[PDB]
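Below, read A as the first sequence line, B as the second, and so on, with proteins coming before strands; counting in each chain starts at 1. According to its header, the structure was obtained by X-ray crystallography, 1.9 Å. Quick note: numbers below take in every heavy atom, side chains included, and nothing from hydrogens, waters or symmetry partners. Remember, it's 1-based here, ligands and their atoms both numbered in the order they're listed.
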Amino acid sequence: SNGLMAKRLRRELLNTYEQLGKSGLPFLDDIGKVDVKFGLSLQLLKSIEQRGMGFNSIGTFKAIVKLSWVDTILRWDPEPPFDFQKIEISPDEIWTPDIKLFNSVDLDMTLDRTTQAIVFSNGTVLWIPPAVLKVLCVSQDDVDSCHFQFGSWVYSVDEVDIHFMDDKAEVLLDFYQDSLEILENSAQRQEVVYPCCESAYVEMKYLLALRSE
Amino acid sequence: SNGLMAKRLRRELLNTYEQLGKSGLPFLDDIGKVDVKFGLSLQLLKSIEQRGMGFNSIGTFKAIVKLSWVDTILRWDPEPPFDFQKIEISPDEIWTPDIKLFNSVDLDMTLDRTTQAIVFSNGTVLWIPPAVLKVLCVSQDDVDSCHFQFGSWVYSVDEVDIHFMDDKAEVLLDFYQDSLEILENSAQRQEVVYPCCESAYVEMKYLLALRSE
Amino acid sequence: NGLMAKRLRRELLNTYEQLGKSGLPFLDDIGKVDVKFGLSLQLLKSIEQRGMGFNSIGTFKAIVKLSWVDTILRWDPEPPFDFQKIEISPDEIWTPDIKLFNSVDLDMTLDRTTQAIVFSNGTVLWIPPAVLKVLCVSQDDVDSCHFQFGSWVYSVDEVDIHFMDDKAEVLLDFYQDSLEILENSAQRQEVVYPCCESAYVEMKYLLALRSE
Amino acid sequence: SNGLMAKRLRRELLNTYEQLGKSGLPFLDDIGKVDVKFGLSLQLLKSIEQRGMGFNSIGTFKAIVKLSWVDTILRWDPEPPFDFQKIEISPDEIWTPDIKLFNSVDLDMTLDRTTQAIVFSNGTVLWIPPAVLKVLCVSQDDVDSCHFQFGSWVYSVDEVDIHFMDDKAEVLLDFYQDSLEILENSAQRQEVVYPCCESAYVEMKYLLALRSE
Amino acid sequence: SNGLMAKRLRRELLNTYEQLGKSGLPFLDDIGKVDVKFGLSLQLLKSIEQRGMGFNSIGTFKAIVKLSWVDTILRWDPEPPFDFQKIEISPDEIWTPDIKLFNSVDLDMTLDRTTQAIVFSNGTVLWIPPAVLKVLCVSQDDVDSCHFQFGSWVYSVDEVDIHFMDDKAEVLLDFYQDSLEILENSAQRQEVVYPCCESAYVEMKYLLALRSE
Ligand SMILES: *[C@@H]1O[C@H](CO)[C@@H](O[C@@H]2O[C@H](CO)[C@@H](O[C@@H]3O[C@H](CO)[C@@H](O)[C@H](O[C@H]4O[C@H](CO)[C@@H](O)[C@H](O)[C@@H]4O)[C@@H]3O)[C@H](O)[C@H]2NC(C)=O)[C@H](O)[C@H]1NC(C)=O
Ligand SMILES: *[C@@H]1O[C@H](CO)[C@@H](O[C@@H]2O[C@H](CO)[C@@H](O[C@@H]3O[C@H](CO)[C@@H](O)[C@H](O[C@H]4O[C@H](CO)[C@@H](O)[C@H](O)[C@@H]4O)[C@@H]3O)[C@H](O)[C@H]2NC(C)=O)[C@H](O)[C@H]1NC(C)=O
Ligand SMILES: *[C@@H]1O[C@H](CO)[C@@H](O[C@@H]2O[C@H](CO)[C@@H](O[C@@H]3O[C@H](CO)[C@@H](O)[C@H](O[C@H]4O[C@H](CO)[C@@H](O)[C@H](O)[C@@H]4O)[C@@H]3O)[C@H](O)[C@H]2NC(C)=O)[C@H](O)[C@H]1NC(C)=O
Ligand SMILES: *[C@@H]1O[C@H](CO)[C@@H](O[C@@H]2O[C@H](CO)[C@@H](O[C@@H]3O[C@H](CO)[C@@H](O)[C@H](O[C@H]4O[C@H](CO)[C@@H](O)[C@H](O)[C@@H]4O)[C@@H]3O)[C@H](O)[C@H]2NC(C)=O)[C@H](O)[C@H]1NC(C)=O
Ligand SMILES: *[C@@H]1O[C@H](CO)[C@@H](O[C@@H]2O[C@H](CO)[C@@H](O)[C@H](O)[C@H]2NC(C)=O)[C@H](O)[C@H]1NC(C)=O
Ligand SMILES: CN1[C@@H](CC(=O)c2ccccc2)CCC[C@H]1C[C@H](O)c1ccccc1
Ligand SMILES: CN1[C@@H](CC(=O)c2ccccc2)CCC[C@H]1C[C@H](O)c1ccccc1
Ligand SMILES: CN1[C@@H](CC(=O)c2ccccc2)CCC[C@H]1C[C@H](O)c1ccccc1
Ligand SMILES: CN1[C@@H](CC(=O)c2ccccc2)CCC[C@H]1C[C@H](O)c1ccccc1
Ligand SMILES: CN1[C@@H](CC(=O)c2ccccc2)CCC[C@H]1C[C@H](O)c1ccccc1
C-alpha cells in the first residue's frame, strides 16, 4: 500500500502507548502471561582479563540477543488500507521485556536500542539487537568458564515466562566469528525463587567454556 | 481487572507528578518524614586496583541496592475498577530518594534507573536496582578493606530517615556469587551533622573486608 | 532567499515530524531503497593483541559515505524555492540502519551531528566520520581485518546496497597514515539469515596492513 | 503548608524560567551583579599518573563543590499557604553560574547535576554537588603539586563576582577522607584580564601539594 | 533594562530559530557567505602515547577554540526596553559553523557546548569553548610532530569561509600552561578541492612540534 498509510498505521498503533504509557504488561483486556522467546548468539570475545592474581577474570563478549513476544496492543487487521504484514518500530516506543543479565559485572549487559523491532499484524514482536555482555569467569587449566544468567527483573513466572527461541537450549553459533575453541556450551531454563517474592522467576542460564589463548 | 484499567490507574496516580513535578517530598498533605528502608546486596568484585605504589586501591563492586519508602501521592483503594494490589512504575516518573554514595571516587555510584519500581496500593514503593560502587580501599596484609557511606544528599533526618531493611546491619550476601572470602562485614546507622546545616543527616556506613587473591 | 530556504526545510520535514522517521522513505507505493555505500579509511587508532593469541582488536578512523533517494524530501526547484540542495540533520529524517555486523562493540559509531545534504530530486548524500572496531588476525607481521556492513532489519527487497561509484574496495582518498596496505578488496553478497526468507545485502571489506 | 502547596510554589517560581528560559543573569528587575560564594572540599585522590617520562602527571580528584548566590526570580513571601522557608529545585531548571575549571585536562570538571539545589525564600540558592577534577600536576622530589583555577566562563567581574565561602581561602578539609599528607594548601581570589574583554574575570586559584605515595 | 526584558529579547531573537529551525546559513534575506574567524589556543598536552612499536603516536591536547561570525538573524536595535548591547545564548539554540577536526583519530574534537556564546546587537557572535583534540602525530628524533586540520564539514568556500583570528597563522599561546618546549608552530589557510564537490573547502591546517619528554 502507500508508504503514507504505513506511517499512519504506526502512529495509530503507538497512540495507545503514547496516551497510556509503555509501562505494564501488554494487555488491555484480561491480563495474561507474556511468554518471551530468548536466544543468545555469540559472535566473538572482546577480552578476558584476569582479575588480580587469582583464578577469576572479566570476560567481555560480543553477541546478538534474540527476543520475541506477543503484544496484543500492537495488533491490526491486515486489510486495506493497512494491508501490511509487518511494520518496524523503535523498541523505546513500545513495551519491551525487562530481561537483564543478572550476573553482569556492570549494571547490565548493553543492547543496541537504536536497532528496530519488527511487529507483525498478529502482535508478534521480533527484536534482535546486538549486545555486549560482561561477566566474571573462572580461568583454570587453560580453560575459561563463564556463565550468563538472564531473567525478567520484576516479573515472576505468572507474568513473564521465558523459553529458548526455537527450543535451542544452547549458545547459538550461527554468527560465531572468532577463532577460540568452544569447549562447553549448554543452557537451562529454571524457575528460581527469590527472597522478595512468592512466585518464582524464570532464569535462562548459559554455561560457556572457551580454550584460553 | 482489565489491563486497560491498570494502565488508567497508573496514569491517574502519575497525573499529580506530571502536573506538579517530581521534585519535593512525596506528600499530598502536611509534609512529614520519609522513612527509607535500605539494603545493600554484594554480588561480586569487578576489580581492585592499587593506587600508585601505596597501600590504597580503587575497589569496583557490583551490587544490588534495595530501597523502600512510602509515597502518599501514589495511594489508591484496591476496589473495582482499580482492583489491583500493586503496579509497576518507572522510577524516573516519581520521586525517589537522593541517596548517594558519599565516598564514591567518581561522582556517585550508578544505579540502573531503567529498572522498574513496584508500588503497592497503600503507597509503599519497593525498588531494587542493580548498582556499581567504586570506592577507595586499603589493601594491606592480604586484606582489602573498603567502606561505603550512603545518605540523602540534601534531606536531613527530619525529612528523609533511613534504616536497614529488615533491620540487618550488614552487607547482604543473598546474591553473593564471587569466590572471595569475606573477613569483615558490618554496618552502622548514625546521624551526622555537617557544616552546611543545623539538622543531622542519616549515614548508613558499611565496612567490608575481603581476603586478597 | 534565506527565509524561503528555512521554510522549504520545514515544509519538507513536516511529514517526518507528524508521522515519524520510521519506515521506508516512500509516500506513494513502497519500493526498494538502493543505498550507495563507501568506506574511506583515514588512519589506524590502535591495534591491540588480544591475550597472547594471534588476534587483535583493531580500531580505525574512517569516513562513511551514504547516499539514497528519499521521495518524501522532493521539491520543484522554482522560485521562491529555487534551491538545488538543502542541509538537514540526519536525526530529522529516515536514514538506513546500516550497521557494522562484526563490530566488537555494539556497532561502529558515526558522528550524527554531521549534516546531510538533500537535493531537490530527493537524493540524500551524508558523509559522516566513523570509528570502527573489529577483531583482526595478527600473524607473520600482517594484520588482517574484515568489515561487514548491511541493513539490520531490511532485506534486499526493501533496502539494497551497492558500492558508491562501483568501487569495491576501501577508499584511500582521505588516507593519512603510514601503514602499508597489503590487501584491499570488497564484495557485495546477498546472504540468507536464520530469521528471514529474503536475503540481506552484505558489503564485506577485507583489509590487510603491514604490522608496526 | 502541605506537600501539594510546596509543589505549586515550585511551579509558580519556575514558570518564569520555563516561559523565558534559564539563560541570562538571575534578576527579576534591574540586572545587578551576582556574588557567588565558592568553596572547594577535597575528599580524595582517585589517581595521579605520570605523563610519559617527565615531571608532570595527570591528577584526578574527587571533591565536593559548594556554591551559593542570590536569584531574585526565585523569591517568595513565606506566608500561608506558601509558608515554606526553603524548597529543593533541580539545578538544570534554573540559572546556575557557568563556573568552570579553566585548567582541566578534559573539557571541564564534572559536577553531579542530578543533585538538588536548595532555594530559600529570599532567593538565596545553596547547591553543593560532588565533583570530579582532573588537572596537570608536577610530580618531583616525592611531592605532587597541583593547581585549580575556577571562574565564570563568560561573565566578567561586573556581572558575576566570586568570593570564598566563609572567607576561607583554602581547600576545605571538612570532607577529607584520604590518607595522603597535605603539604601545601592555599587559595587566592584575583581579577584577571583576558585578551577577549575589557572587564576582568574573577579567578579562584587553589594550590594543593601532596606527599607522593 | 531589567532581567525579564533581557529574557524577552532573547526569546524574540530565538523565535525564528525555534519556528524555522537552526539548520541553514544564518540569513533571512539574500543568502551570503559566512566569514568565520577561527583561533586555536593550546593549553596543555594530556598525553602522547606511541602507537605500537612504530614512529607514530596518539597526541591528546586540551585547547580553547575561538569562533566568531555574523548572524544577521540575531540582530537588534539596542534601544529601550531592549537596551542591551550583548546577550548570552546557548550555542545549541542557534546556528553554529560545523567546523570539525578532519584528522581527529576519534569522530571529531569535542567542544564544551554547554559554554555560552555571546551575541552582540549587530549580529556578531563570539563563542570561545574549551576543546579536546586527539590526533595522530609522528614521534621521531625526540620531537613529536602533530598537525590539525579544521574546516566546515558540508559548506564550501562559497558558503562558509574561514580566516585566522587576529590574523595570527599559528597556535595561540595566550593560555599555554604546559612545560613542553614548542619547537615548531605554524598554520596555513588553504582552499582544498574534495571529490564530492565542485567548490573548494577552506582548510585551516596547523603544524605543531614539541620536544618529547
Ligand atoms: C503496605 O503494603 C505493603 C505490601 O502489602 C506491606 O509490606 C509488607 O509488610 C509485611 C508485613 O509487615 C512484610 O512482611 C515482613 O517481612 C520481613 C522479612 O521477610 C519480616 O521480618 C517480617 O516479620 C514480622 O515479624 C517481626 C518480628 O516479629 C516484626 O517486627 C515485623 O513487623 C513483621 O510483622 C514480615 O514477615 C513484607 O516484607 C512487606 N512486603 C512488601 C512487598 O513490602 C506494608 O506492611 C503495608 N504498609 C502499611 C503502612 O500498612
Ligand atoms: C539528484 O540530483 C543530483 C544533483 O543534480 C544528482 O547528482 C549529480 O549526479 C550527476 C550524474 O551522476 C553527477 O554528474 C557526474 O559526476 C560523475 C562523477 O563520478 C562523473 O563521472 C560524470 O561524468 C560523466 O562522464 C564519465 C566518464 O568521463 C562517465 O563515467 C559518467 O557516466 C558521466 O556521464 C558526471 O559529471 C553530478 O556531479 C551530481 N551533481 C551534484 C551537484 O552532486 C543525482 O544524480 C540525482 N539523483 C538521481 C538518483 O538521479
Ligand atoms: C537569606 O536567607 C538565608 C537563609 O536563611 C540567609 O543565610 C543564612 O544567614 C544566617 C544568619 O546570618 C546564617 O546563620 C548563622 O550562621 C553563622 C555561622 O555558622 C552562625 O555563627 C550564626 O549563629 C549566631 O551567632 C552569631 C555570632 O555570635 C550571631 O551574630 C548570629 O546572630 C547568631 O545568633 C547563625 O546561625 C546562615 O548560616 C545562613 N545560611 C545560608 C544557607 O546562607 C541570608 O542571610 C539571607 N540573606 C539576606 C540578604 O537576608
Ligand atoms: C559588531 O559589534 C562588535 C561588538 O561591539 C564589534 O566588535 C568589536 O569592535 C570593537 C571596536 O571596533 C573592537 O575594539 C577594538 O579592538 C582593537 C584591538 O584590540 C583596539 O585597537 C580598539 O581600541 C581603540 O583605539 C584604536 C586606536 O588605537 C581605535 O582605532 C579604535 O577605534 C578604538 O577606539 C578597540 O578596543 C573589539 O575588538 C570588537 N570586539 C569583538 C568581540 O569583536 C564589531 O566590530 C561590529 N561589527 C561591525 C561589522 O560593525
Ligand atoms: C504471527 O505472524 C508471523 C508472520 O506470519 C508468524 O511467523 C511466521 O510463521 C511462518 C509459518 O510458521 C514461519 O515460517 C516464519 O518463520 C514466521 N516468520 C517470521 C518472520 O518469523 C508468527 O508465528 C505468528 N505468531 C503467532 C503467535 O501465531
Ligand atoms: C528478583 N529480581 C528483583 C525483583 C524486584 O526488583 C522486585 C520484585 C517485587 C517488588 C519490587 C521489586 C530483585 C533483585 C533480583 C532480581 C532477579 C531477576 O528477577 C532475575 C531472576 C532470574 C534470573 C535473572 C534475573
Ligand atoms: C550534607 N550533604 C550535602 C547537603 C546539601 O547539599 C545541602 C544542604 C542544605 C542546603 C543546600 C544543600 C552537602 C555535602 C555533603 C552531603 C552529605 C550527604 O548528606 C550524606 C550524609 C551522610 C552520608 C552520606 C551522604
Ligand atoms: C539479519 N539481521 C537481523 C534481522 C532482524 O533484526 C529482524 C528481521 C526480521 C524480523 C525481525 C528482526 C537479525 C540479526 C542479524 C542481522 C544481520 C544484518 O542484517 C546484516 C546483514 C548483512 C551484513 C551486515 C549486517
Ligand atoms: C575569559 N573566558 C572566556 C570568555 C568568553 O568565552 C567570552 C567573553 C565575551 C564574549 C564572548 C566570549 C574566553 C576563554 C577563557 C575564559 C576564562 C574564564 O573566564 C576563567 C577566568 C578565570 C578563571 C577561570 C576561568
Ligand atoms: C568535504 N567534506 C564532506 C562534504 C560533505 O559531507 C557533503 C558535501 C556535499 C554534499 C553532501 C555531503 C565530505 C567528507 C570530507 C569533508 C571534509 C571537510 O569539508 C573538511 C575540509 C577541510 C578541512 C577540514 C574538513
(message) Hey, what drug is sitting at ligand 8?
(response) lobeline
(request) Write down the macromolecule with more contacts to lobeline (ligand 8) than any other chain, named per the PDB entry. (result) achbp
(request) Return the chain letters whose heavy atoms come under 4.0 Å from lobeline (ligand 8), other chains only. (result) A, C
(request) Provide the number and element of each atom of lobeline (ligand 8) under 4.0 Å from a heavy atom of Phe149(C). (result) 23 (C), 24 (C)
(message) I can't find it - what organism does the entry give for chain C?
(response) Capitella teleta
(request) Run down the list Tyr200(C), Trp152(C), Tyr193(C) and name the one with the heavy atom closest to atom 2 (N) of lobeline (ligand 8). (result) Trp152(C)
(message) If you take the nearest heavy atom of each of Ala117(A), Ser151(C), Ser198(C), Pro130(A), which one is closest to atom 20 (C) of lobeline (ligand 8)?
(response) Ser151(C)
(message) Students should be able to answer this: which protein heavy-atom is nearest to atom 9 (C) of lobeline (ligand 8), and at what distance?
(response) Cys196(C) SG, 3.4 Å
(request) Consider lobeline (ligand 8): state whether an atom of it lies below 4.0 angstrom from any non-hydrogen atom of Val191(C). (result) no
(request) Starting from atom 10 (C) of lobeline (ligand 8), locate the nearest protein heavy atom and write down its residue, its atom name and how far away it is, to 0.1 Å. (result) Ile118(A) CG1, 3.5 Å
(message) Tell me the protein heavy atom at minimum distance from atom 25 (C) of lobeline (ligand 8), and give that distance in Å.
(response) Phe101(C) CB, 3.6 Å
(request) Going by heavy-atom distance to atom 12 (C) of lobeline (ligand 8), choose the closest among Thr124(A), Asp174(A), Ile128(A), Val159(C). (result) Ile128(A)
Could you pull out every N or O of lobeline (ligand 8) that sits under 3.5 Å from a protein N or O, with the distance for each pair?
from                : atom 1 : to        : atom 2 : distance (Å)
lobeline (ligand 8) : 2 (N)  : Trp152(C) : O      : 2.9
lobeline (ligand 8) : 19 (O) : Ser151(C) : O      : 2.7
lobeline (ligand 8) : 19 (O) : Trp152(C) : O      : 3.1

